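Numbering of chain A is taken from the PDB entry, so the residues present carry the numbers 16-355, in order. Order of listing sets the numbers, starting from 1, for every ligand and every atom in it.
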Amino acid sequence: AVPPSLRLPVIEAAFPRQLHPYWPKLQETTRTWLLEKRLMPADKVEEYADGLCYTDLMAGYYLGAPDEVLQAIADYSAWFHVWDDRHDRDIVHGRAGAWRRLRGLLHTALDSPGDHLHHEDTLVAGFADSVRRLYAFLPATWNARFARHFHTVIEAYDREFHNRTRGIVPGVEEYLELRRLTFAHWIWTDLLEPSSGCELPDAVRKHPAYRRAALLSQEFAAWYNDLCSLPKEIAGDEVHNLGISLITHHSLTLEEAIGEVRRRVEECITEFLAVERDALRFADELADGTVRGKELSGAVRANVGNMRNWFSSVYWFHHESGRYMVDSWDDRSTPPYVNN
Ligand SMILES: NCCC(O)(P(=O)(O)O)P(=O)(O)O
Ligand SMILES: [Mg+2]
Ligand SMILES: [Mg+2]
Ligand SMILES: [Mg+2]
């Protein structure tokens, strides 16, 4: 089971895990994609890819997604972790120019992914393949919203690059704002929509209950990552972690900061339970007797159900994934699955 310091009894009792039926094929298809797109060396794909559990993380989240939608999401999620690793290595090795050029290419490819499917930088070509596929499911209005959100994510990664190269730890509130962008809260929230087959109108997805449920699902996922990834992040000189901000700016000991992060995570769960009632009541209200109302109600219900599924998927991912097993590495500062 889960060690006491990381255990969340409410998740275990009230957020039962779910798994999408396409998971076995999803796992192998993403492994093949990482190999074919040269996002990881063949030996590292064979030794670590399945053990990283990226497809499991998505298959526990976007329940009900069409298989091809889930495949594009899973490829994107694996890509997103490889990009996190590249960013980290560029920082560690002082590759400011390589990072700046990658950042510019990602902004361009995000707006024009088809143009970049055969780019010489394999990380850019793999990004472009996953994004072009994500852009084929819903109207171009959704694509434009995904792009606006991801442009903001890329710039948050750039701010992290500057923080780490200058040895700056953000303040707590600065960190919490930044973390909604580096974790890509609004991208995961956008991806609920192709998974349930419907672009939600602005009036629906901006309803306060939908917005707050979406926010709390992501805050839990990001801050539980902070709690569980703290050991590897301290070992890797990462500065972006709520516990690190608390130690640096509020004078907490390691133990005190861990307890504070845990309490904030636990409160996300019970705040989510309150707002979920309101979001499901809104879903009921959307079912106004019309065909479109039934469609919107069902989509909102499926999306809020997946906001709930994110809690359990993220919880178990952190205990299953090889990504965080720092105690097993020869060099605690260099995870074996990254290209160093
Ligand atoms: N979400 C991507 C990877 C992370 O969660 P990880 O802790 O590096 O796995 P980050 O903290 O960098 O956001
Ligand atoms: Mg990271
Ligand atoms: Mg990161
Ligand atoms: Mg982390």
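- Looking at ligand 1, one finds the drug pamidronate.
- The chain with the most heavy-atom contacts to pamidronate (ligand 1) in this structure is named in the PDB entry as Epi-isozizaene synthase.
- Residues of other chains with a heavy atom under 4.0 Å from pamidronate (ligand 1): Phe95, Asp99, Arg194, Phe198, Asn240, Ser244, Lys247, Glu248, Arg338, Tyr339.
- Near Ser244, meaning under 4.0 Å from one of its heavy atoms, pamidronate (ligand 1) places the atoms 7 (O).
- Those atoms of pamidronate (ligand 1) that come under 4.0 Å of a heavy atom in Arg338, given as number and element, are 3 (C), 6 (P), 8 (O), 9 (O).
- In terms of protein heavy atoms, atom 2 (C) of pamidronate (ligand 1) is closest to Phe95 CE2, 3.8 Å.
- The entry attributes the source of chain A to Streptomyces coelicolor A3(2).
- Remark: minimum distance from atom 8 (O) of pamidronate (ligand 1) to any protein heavy atom is reached at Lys247 NZ, 2.9 Å.
- Nearby ligands and ions (under 4.0 Å from pamidronate (ligand 1)): ligand 2 (magnesium ion), ligand 3 (magnesium ion), ligand 4 (magnesium ion).
- Between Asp241 and pamidronate (ligand 1), not a single N/O pair is under 3.5 Å apart.
- The Mg(2+)-binding residues of chain A named by UniProt that have a heavy atom under 4.0 Å from pamidronate (ligand 1) are exactly: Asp99, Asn240, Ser244, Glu248.
- Polar contact with pamidronate (ligand 1): absent for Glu253 (N/O pair, distance under 3.5 Å).
- Within pamidronate (ligand 1), the atoms closer than 4.0 Å to a non-hydrogen atom of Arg194 are 10 (P), 11 (O), 13 (O), numbered from 1 in the order shown.
- Looking at pamidronate (ligand 1), you won't find any N or O of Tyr172 less than 3.5 Å from one of its N or O atoms.
- Polar contact with pamidronate (ligand 1): present for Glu248 (N/O pair, distance under 3.5 Å).
- The ligand atoms of pamidronate (ligand 1) that sit less than 4.0 angstrom from a heavy atom of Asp99 are 3 (C), 8 (O), 12 (O).
- In terms of N/O distances under 3.5 Å, pamidronate (ligand 1) is approached by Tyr339.
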